[PDB]
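Structure follows of pyrimethamine associated with Bifunctional dihydrofolate reductase-thymidylate synthase.
Chain letters correspond, in order, to the sequence lines: A, then B, then on. Numbering, chain A: per the PDB entry, residues 1-81, 97-231 in sequence. By the PDB entry numbering, chain B shows 1-85, 96-231, in order. Chain C uses the PDB entry numbers throughout; the residues present, in order, are 283-608. By the numbers in the PDB entry, the shown part of chain D spans 283-608. Just the heavy atoms: all of them, side chains too, but no hydrogens, waters or symmetry mates, feed the values below. Atoms within a ligand are numbered from 1 in the order they appear, just like the ligands themselves.
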Amino acid sequence: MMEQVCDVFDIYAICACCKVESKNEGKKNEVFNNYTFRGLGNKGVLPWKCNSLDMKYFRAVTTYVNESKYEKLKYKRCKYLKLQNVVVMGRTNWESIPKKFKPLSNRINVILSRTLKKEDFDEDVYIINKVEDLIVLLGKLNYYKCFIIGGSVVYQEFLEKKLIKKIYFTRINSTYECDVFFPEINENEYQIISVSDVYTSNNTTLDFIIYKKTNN
Amino acid sequence: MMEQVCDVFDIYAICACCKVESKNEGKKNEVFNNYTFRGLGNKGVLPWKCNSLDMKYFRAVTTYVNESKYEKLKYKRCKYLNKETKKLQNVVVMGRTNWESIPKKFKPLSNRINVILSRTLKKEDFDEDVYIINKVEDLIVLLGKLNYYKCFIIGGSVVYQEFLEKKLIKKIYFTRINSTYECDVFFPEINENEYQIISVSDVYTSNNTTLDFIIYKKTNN
Amino acid sequence: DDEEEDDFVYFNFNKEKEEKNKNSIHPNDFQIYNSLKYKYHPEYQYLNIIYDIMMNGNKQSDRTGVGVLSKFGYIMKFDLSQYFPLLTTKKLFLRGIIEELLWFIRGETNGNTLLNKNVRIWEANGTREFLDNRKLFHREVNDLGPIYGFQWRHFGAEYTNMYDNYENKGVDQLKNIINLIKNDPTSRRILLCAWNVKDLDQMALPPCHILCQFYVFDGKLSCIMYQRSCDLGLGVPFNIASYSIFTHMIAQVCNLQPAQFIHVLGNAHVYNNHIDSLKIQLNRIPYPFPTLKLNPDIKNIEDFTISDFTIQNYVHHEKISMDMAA
Amino acid sequence: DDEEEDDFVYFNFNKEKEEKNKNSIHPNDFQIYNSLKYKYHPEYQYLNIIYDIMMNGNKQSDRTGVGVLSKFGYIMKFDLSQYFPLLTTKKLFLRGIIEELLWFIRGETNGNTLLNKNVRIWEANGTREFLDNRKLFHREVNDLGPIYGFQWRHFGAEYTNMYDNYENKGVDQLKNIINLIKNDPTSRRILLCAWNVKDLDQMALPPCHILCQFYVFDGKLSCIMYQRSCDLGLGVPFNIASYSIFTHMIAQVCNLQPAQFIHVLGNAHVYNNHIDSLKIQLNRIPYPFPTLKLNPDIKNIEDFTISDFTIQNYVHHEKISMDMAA
Ligand SMILES: NC(=O)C1=CN([C@@H]2O[C@H](COP(=O)(O)OP(=O)(O)OC[C@H]3O[C@@H](n4cnc5c(N)ncnc54)[C@H](OP(=O)(O)O)[C@@H]3O)[C@@H](O)[C@H]2O)C=CC1
Ligand SMILES: NC(=O)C1=CN([C@@H]2O[C@H](COP(=O)(O)OP(=O)(O)OC[C@H]3O[C@@H](n4cnc5c(N)ncnc54)[C@H](OP(=O)(O)O)[C@@H]3O)[C@@H](O)[C@H]2O)C=CC1
Ligand SMILES: O=c1ccn([C@H]2C[C@H](O)[C@@H](COP(=O)(O)O)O2)c(=O)[nH]1
Ligand SMILES: O=c1ccn([C@H]2C[C@H](O)[C@@H](COP(=O)(O)O)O2)c(=O)[nH]1
Ligand SMILES: CCc1nc(N)nc(N)c1-c1ccc(Cl)cc1
Ligand SMILES: CCc1nc(N)nc(N)c1-c1ccc(Cl)cc1
């Protein structure tokens, strides 16, 4: 019996957070926990500028599609109301993406705004006035999975309203200057179901963990 | 697709075979191959008496059933027969001599639907809860009317030979008893072009002999 | 498709239905550990062994009256090129084990040197009572005998006392394996062995770390360390760090990049007293590993000093005392 | 659950796509080996290593000119209570390794003894030329030096020549490990080590088999053997047999039942010249292992003779010349 959108319509969140620096004492925290990793961006950009391994991960996850498993989805979705995934982002977020890289290739780019002119951009490039308007654009489109790629503001509301199924969280294990952060995930609403191998990229170790919606 | 009986009804064969007593001819530079393991029985019984581990394996395989996978098999068998719309058990088919070789305390085989192939005997000759059929065709008819998980052909040689002849075996669970005993009945030589080994188990020791279990599967074309 | 799936069940026909001391370990207990679908973080190589010993270990009682769960033969591998394997499911300190390493390199066997730096790893092994019980009635307190350092720099030399000048006596294996790595890298004899059969009875105690074997490929160094006895809950965590650090050191003085530290465990055991703590540890999710930075100017194995080692970005769960006794 | 499956797809995002020597090796070559679904026969522990080395091994020139494919660190386990692991994918004879073993146990280092029994395992290492090139100019032909036999019974004694009676000189490790297994079974110091650092240069060649460690639990004896250098195509098959027999011998004279023989491989290599032959072997399906029977009246490790050993029901494939050179 299918009516809780997140699970229902297949919405996922994907992020990469680093550690935050505090002016009073910058390192070697006395107490650590999952919240340690919350740095999201700094002055319109990533706090660590670039990380090719995470870039590859982000791209591979948002563009991956398994067509044979698409009607198990077309089925209930229709039943509830060149396959590509949907990538929902914010304006400040969309404006941070470089020129040559916009829109994100092989992905149905969506945007959350109150001032952007739909009139102005492409059709394969949709915009929306509010959260709830997204569910709508989904019921019309043909996609595999919907990924909320940020930013902070966008992560927060999507979590509060409880639309997030899984959170593909990348832990950048180094400290940087930050001004925007990810919302403290509620350990009782979401739980870590997977932890990857550890890697070194751009002079920092990092790993990828998967947060799940405790169906419970 | 042209549906073959062995697939629709899941007819499998399971046996145990030891090494035969050779007329060592003056060569302990013996050649070995899969046919080296062909001894099925001796004077009505197993060449090796008993093997608790093989026994345990035979029982686990022939009594194992997965109810969640039944409905899928049901729709398939019924679809093939153009027929569409209390515990689940497997079937075991054996020759009359195999039947008679079983101790009374063990007949019919527990938790399995027992089917016996014979001409000299009829339902009236048996006290047990078993099915008596006098031809292979009767089995197929019987399987289309019963609720069962899988069908295992358990011997003897004669029974094995014709089921392989008729090309009704989907897979062969073969136990290689790594020892030599006196034998008078043997398992048919498997045509390597018709059957290929797809799995090999761990090696074990039981009743003073090592043994392992392999699985043959009907081939391409 | 499912065709070969039932075959899996048949091949497991002779398997034990339940885990051995599952009865004593109890699963609601490891409920986060069992809730994980994919545990690819390297720390699980260590955690999975703790789980394996707890669930299938053999109950044994040391001649001490103490109890343990033990298994025989395990192997862990850590990619030092991607991370420094310092356990993150509990808090670990490294000053002491680094000093112990520097002490081995100097060839010392003098227990006082470490005590004066408050590194008490070997203290209990050097007391008057412990040496007497080893029948070392004529050994001075804290004179550990021909252990590691002596074997690494003077194998074969006749041990006298911890203050003797053994300059040029015995085989300097440390110097030899380094020269082998530099001149003959494809050699399969680059071993550093501390188990000197002739000197065992003279040692405060036989070495736990039997030997190190090195492998060199495409400018990269790997190391295998064979441990004959492993205290999983307390010792192994430090064991992995020590030898991972050693690997980096040997690699840098030979201008090679570190590759894998391969840990081979012989008698792997878990003390019964650590079980509650280890259960707690098993339910913690590892954080990304930290990295190790060595002062790049050090090019001679003997020139390292405590200030040349730096652990960076160490994120960890709070400390746990394996023995919750006090 | 199917996306708990997609996560799997993601986690594997940083692979290469092909194995290293794919192009060089070609898989339509391991057709039979790859067609199998469940390869649980213990012989696959050895065949999978060969396949791993061939597919992922590093290319090196092991001894000047020869060239091999190598890997570092592997562990194989054989349940001696369930079978004797003599490889069946090719033919093997054990008279020679058993004589070598007895030779070891007697503490001999005289190559002529083996040669008189038509066992040439050590012939090449005892020639005038081989010895001279090892710088052993004052060593008689076939006097192998302080190798296995000598170390097992007299570790630490000064080696003189192969005819010398070294009575009550050095450490008789062999006897000591037998007494520890009998009187102190739980000990984690039951090691037999042949790698005598001080005597290496005096040996025809350093031991390939570094040490053996024993483990006792509930009347069962397990043994781990650490091999520093391993010739997968020619040596290993025999090494596994050699030590499994030794494990049985020690178990019997100690009144225990043999359990597991654990083989640890340090530098594991496959000689290029053996590739073609090993490709053939990998496409052969194993036969159930045979069994080993020792004369039950032998109660002292020193009392075994060649006729006290019988390998039974050995079913094997055609013998193979690893080196197809003519
Ligand atoms: N490390 C990571 O994984 C990520 C880092 N970042 C970093 O964070 C920074 C941007 O963060 P942040 O400030 O959170 O903002 P975002 O860029 O995510 O979004 C800001 C915009 O979202 C729109 N918006 C907010 N609420 C709604 C709503 N209810 N309906 C429709 N539109 C809405 C607004 O549009 P308008 O004003 O027209 O109304 C607003 O300007 C950048 O530096 C970026 O690089 C971002 C994502 C991920
Ligand atoms: N180790 C192992 O895995 C196995 C060992 N064995 C051993 O072999 C012996 C049995 O050998 P064997 O005599 O070759 O064979 P079977 O037990 O197969 O008996 C065949 C005989 O059974 C009946 N039969 C066979 N096919 C048909 C048919 N199509 N229609 C009607 N009746 C049929 C007939 O009985 P009737 O004469 O009444 O007409 C026929 O004479 C035993 O010693 C047994 O233990 C058997 C199987 C497996
Ligand atoms: O660096 C070390 C030193 C010691 N031990 C442990 C193993 C054993 O529990 C004990 C040594 O005693 P024996 O095993 O030798 O009896 O110390 C370790 O795990 N790591
Ligand atoms: O019982 C034996 C003796 C030798 N070798 C092999 C290992 C090497 O291929 C070669 C010796 O060369 P070094 O590893 O010592 O360099 O002999 C074995 O595998 N088993
Ligand atoms: C490579 C950055 C990246 N890594 C991960 N793991 N998650 C993300 N959501 C982003 C991302 C951030 C900002 C924009 Cl604008 C687009 C994508
Ligand atoms: C335990 C013997 C056994 N083991 C295996 N692997 N398969 C078999 N088919 C039998 C068997 C033989 C004769 C009778 Cl009568 C019943 C079963």
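In the structure shown, the parts corresponding to pyrimethamine are ligands 5 and 6. Chains with a heavy atom under 4.0 Å from pyrimethamine (ligand 6): B.
Neighbouring residues of pyrimethamine (ligand 6) under 4.0 Å (non-hydrogen atoms) are B:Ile14, B:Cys15, B:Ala16, B:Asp54, B:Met55, B:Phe58, B:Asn108, B:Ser111, B:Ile112, B:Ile164, B:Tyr170, B:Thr185. Remark: minimum distance from atom 2 (C) of pyrimethamine (ligand 6) to any protein heavy atom is reached at B:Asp54 OD2, 3.5 Å. Below 3.5 Å of separation, one finds no N or O of B:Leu46 facing any N or O of pyrimethamine (ligand 6).
As for UniProt substrate-binding residues in chain B, a heavy atom under 4.0 Å from pyrimethamine (ligand 6) is present in B:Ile14, B:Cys15, B:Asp54, B:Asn108, B:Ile164, B:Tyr170, B:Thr185. Considering both main-chain and side-chain atoms, B:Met55 never comes within under 3.5 Å of pyrimethamine (ligand 6) through any nitrogen or oxygen pair. Most of the interface of chain B with pyrimethamine (ligand 6) sits in UniProt domain dhfr. For the pair B:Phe58 and pyrimethamine (ligand 6), the shortest N or O to N or O distance does not fall below 3.5 Å.
Both criteria (UniProt NADP(+)-binding in chain B; heavy atom under 4.0 Å from pyrimethamine (ligand 6)) are met by B:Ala16, B:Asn108, B:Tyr170.
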Write none if no such pair exists; otherwise list each N/O atom of pyrimethamine (ligand 6) with its protein N/O partner under 3.5 Å and the distance.
from	atom 1	to	atom 2	distance (Å)
pyrimethamine (ligand 6)	4 (N)	B:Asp54	OD2	2.6
pyrimethamine (ligand 6)	6 (N)	B:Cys15	O	3.1
pyrimethamine (ligand 6)	6 (N)	B:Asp54	OD1	2.9
pyrimethamine (ligand 6)	6 (N)	B:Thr185	OG1	3.4
pyrimethamine (ligand 6)	7 (N)	B:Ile14	O	3.4
pyrimethamine (ligand 6)	9 (N)	B:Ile14	O	2.8
pyrimethamine (ligand 6)	9 (N)	B:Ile164	O	2.9
pyrimethamine (ligand 6)	9 (N)	B:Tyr170	OH	3.3

